[PDB]
Student: 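I'd like to talk through a structure of paroxetine bound to Sodium-dependent serotonin transporter.
Every chain is numbered from 1 and lettered A, B, ... according to where its sequence line falls, protein lines coming before strand lines. Start at 1 and go down the list; that is how both ligands and their atoms are numbered. Quick note: numbers below take in every heavy atom, side chains included, and nothing from hydrogens, waters or symmetry partners.
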Amino acid sequence: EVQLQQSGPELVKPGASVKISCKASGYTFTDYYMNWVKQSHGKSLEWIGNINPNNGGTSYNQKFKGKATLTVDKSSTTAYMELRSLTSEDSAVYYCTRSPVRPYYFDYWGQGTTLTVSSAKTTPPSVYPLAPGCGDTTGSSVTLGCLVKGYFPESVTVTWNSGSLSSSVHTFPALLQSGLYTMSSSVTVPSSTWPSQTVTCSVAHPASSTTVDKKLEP
Amino acid sequence: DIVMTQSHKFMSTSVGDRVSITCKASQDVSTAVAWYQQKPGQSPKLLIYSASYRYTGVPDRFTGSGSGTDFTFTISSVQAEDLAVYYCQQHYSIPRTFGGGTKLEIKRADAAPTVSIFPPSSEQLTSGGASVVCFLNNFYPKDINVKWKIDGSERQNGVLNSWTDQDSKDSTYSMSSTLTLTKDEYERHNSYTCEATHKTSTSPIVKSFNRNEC
Amino acid sequence: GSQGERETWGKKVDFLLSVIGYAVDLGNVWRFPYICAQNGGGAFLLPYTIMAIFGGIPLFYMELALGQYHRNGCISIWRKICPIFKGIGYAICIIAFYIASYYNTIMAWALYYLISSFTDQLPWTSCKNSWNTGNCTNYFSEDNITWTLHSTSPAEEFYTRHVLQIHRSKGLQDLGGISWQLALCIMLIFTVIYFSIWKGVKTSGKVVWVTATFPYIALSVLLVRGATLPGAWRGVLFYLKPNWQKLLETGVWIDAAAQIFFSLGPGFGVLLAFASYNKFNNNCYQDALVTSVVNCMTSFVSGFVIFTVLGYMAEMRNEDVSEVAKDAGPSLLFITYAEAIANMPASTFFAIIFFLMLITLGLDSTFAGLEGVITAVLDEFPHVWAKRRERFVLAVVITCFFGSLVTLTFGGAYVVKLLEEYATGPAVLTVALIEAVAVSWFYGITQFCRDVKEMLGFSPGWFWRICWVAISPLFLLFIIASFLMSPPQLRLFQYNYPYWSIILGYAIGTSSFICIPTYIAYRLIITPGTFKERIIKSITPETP
Ligand SMILES: CC(C)CCC[C@@H](C)[C@H]1CC[C@H]2[C@@H]3CC=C4C[C@@H](O)CC[C@]4(C)[C@H]3CC[C@]12C
Ligand SMILES: Fc1ccc([C@@H]2CCNC[C@H]2COc2ccc3c(c2)OCO3)cc1
Ligand SMILES: *[C@@H]1O[C@H](CO)[C@@H](O)[C@H](O)[C@H]1NC(C)=O
Ligand SMILES: *[C@@H]1O[C@H](CO)[C@@H](O)[C@H](O)[C@H]1NC(C)=O
Ligand SMILES: [Cl-]
Ligand code: NA
């Protein structure tokens, strides 16, 4: 149906510029205002501005005037937002959301765009299999894990066997220290399919465009 | 401009209880308030527009009320998947502003933390590092003590506690206590032990393993 | 012998309500409330009065005093003051023409609405008409509606595709042809001014009894009506909320000065003509004073008349009245206000008195507008003219119809703006400056205080003296410089005017101005003597 597919995460050095796209689909693109909402880590939603796709009618917020520049293209039904003078405060998630003209609600949003403004080098993650020992008592279920150590920025994805299954996967948030992140993942799966079948965790780092897959071994 | 104030940053409720989040605006708004539901890790989802009207695709358990400045979002039958952070937003005056955000935490019965200790893998011992892990899964509430024991002594340097958010299925928190050490220090000690003190029981749960090729 | 002494007015109240009739118009109704609520709200009253006291009032009273004292036209009075500036009298004659091309077409719209308002079901209520598109979405229809960028209201559809038919023109480039309905409306207008001007000051002065008093009645009905509407305090809040920070902007004062000037309209020759037909013994200080204070307060209450209905309209919609009051111009009264009064009981009544009120507002002002020019030409070419008044009056009226034929087009509205912004404002400001400087500096403000001292019996205060010598020509100079420095890009109905419009505008702004430096060249070029000799005999008026 109505889909707003935004662009991927961006790691940009402070002081530079960055442009974010927003592919709209599933409705008459010229029939709705295209908005941009900023969401800082742990903060509330922040309205950047809107744009009329017909003529590029940008209506900004006084707080973002000269900070963001909204553009639009009808030939591909895609709205863009460009940001200059990047600081540490801009390291936030940005959404592009559709809205009618009245009443002005935000019915459909995008998945978000993680922006990290830091001069820290893109560090690839170290994937180390967190496997149970060989002396443990195998009960009705075994808990497994995979450790992701030392990466930047927070763009990372830990999957388990192409997403099948994952009805008991506990993913622990990443922690930042000395400019590098570190997280861990776990999965509770019964003992009647291990170690008979194959269980493998896949760690993907989009900012460094790397993907290391490690299989758990007791 | 308009200042939307949500005085209560957190609200505790249970599955099936009647919950209601408040929203205070700067001036008179008539009936121009929209309520959004942002689930952890998802985009904000529109639920209510113009104070009381529900948006399409929203279950009957979500309602809205208020007329003037103060507005209220009501859920009659809270489900495990209704766990989210709710925002209120005005839609009359330029610019459009939002509320501070009210996280709805679900209250349930106590649960015993399942503690599992993990020895450093061979790929990490190969790299020259060794991290002993201690997972604490499915417990309630969030308040829980985690104590480390390298060889019986409470280890405190290099310990990181990571609490996940509440669950959307059984409403059970889960945390990870990580004890990261070097390889040289790992091959000079054997049986690692991590214990957890929770309110479910007075005696902390003690877990141990051996370094000598398990 | 023969004519000799000029005629005299029929009563004091006729000329009081007559100059009030010139002063009060459409702009008093909607322009001042918009510019007021936009520039700091109620705080705008603080500079507006200053720009009144120091700027509008002195020019108003000076013009009026000269008019009643010298009893001459706009062209013949310069013969007896400063002959080289006689071209001023000509300039106004051109300026007025440009104004009469668009000012009455607006009254034609209000007239087209008025005759279209006699039906039991008003046309701009439903969408099942012959002019509505598929975007037309209206009320008494399913609730929950969520407006779209392309959607359009039945009032906007009616004003756009019917009375204007502006969708049938692409802009200034292609605006033809002519809407015969507005041609018949404005023809009826030129008729109703024809039977109110053709005889002279007696008929204008008698029609003014109705054309200047009824707007207060209609404004009173819509005032007490708009006050009883639920949630009307929003428009009043947005209308009078003090935002003193906007007073720090050097623009706001400029807006206030331009407003009070173009709402008192001194130095246009209309006050000269209206003042000419009065008693020499008759006081005029009190006259000018009260008349202005009426135009200002009338504007003040008109603000409530508009923003109460706009407040109710912002209550039925969703507040922040500024959004429902974004567009200032013909759309604030013909669309928003009409759509607002559509949802009220006995809507035929309030509609009829509203658009009838619009015509009633324009009528008196245009009476006076023509009155000044007619007096000027009759006094400048006597005996060669005055053979009949209906001849010259008929000529100028049919001339105004042919002048409005460019405005009766589909894109006529476009032209209306081009003529409303570019042509009148700079030139009128200029001629008011040159006129004020010529009466205060050339003729000498001392001899003027002697003329008023012979007029009312007492010399005008040192306040009026310093206002005429310095404060007033600086008041006009302010708006002149601020205008020339930042001419405005203008847009109407989702259509930005071409970059070259200003060029066209400047032509229409200067094609009327060319007469005064060329007349100074004609005077100084026609009488031989030396430059110092001929300009000294050309600056001093007739001795006998
Ligand atoms: C009344 C008289 C004296 C004014 C004439 C001044 C001239 C130079 C001005 C007035 C109107 C102007 C034109 C208005 C219309 C257009 C059409 C556009 O596609 C090109 C610019 C062009 C061609 C302008 C050129 C300059 C212009 C011709
Ligand atoms: F440049 C300016 C001209 C006139 C004004 C006036 C100021 C006072 N209130 C009414 C304003 C409009 O007056 C009219 C109406 C119809 C006319 C007219 C004048 O001359 C020919 O046909 C202001 C500024
Ligand atoms: C209002 O409009 C939308 C159309 O976008 C419709 O789907 C919805 O069901 C309507 N009603 C409510 C109560 O939202
Ligand atoms: C509604 O208006 C838009 C432009 O405003 C136009 O493209 C569309 O064709 C219109 N609808 C109809 C049915 O004409
Ligand atoms: Cl005014
Ligand atoms: Na006026």
Student: Which chain letters or ligand numbers go with paroxetine?
Tutor: ligand 2
Student: Mind listing the other chains that have a heavy atom within less than 4.0 Å of paroxetine?
Tutor: C
Student: I'd like to know which transmembrane segments of chain C, in UniProt's order from the N terminus, sit with a heavy atom under 4.0 Å from paroxetine.
Tutor: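 Heavy atom under 4.0 Å in UniProt segments 1, 3, 6, 8, 10.
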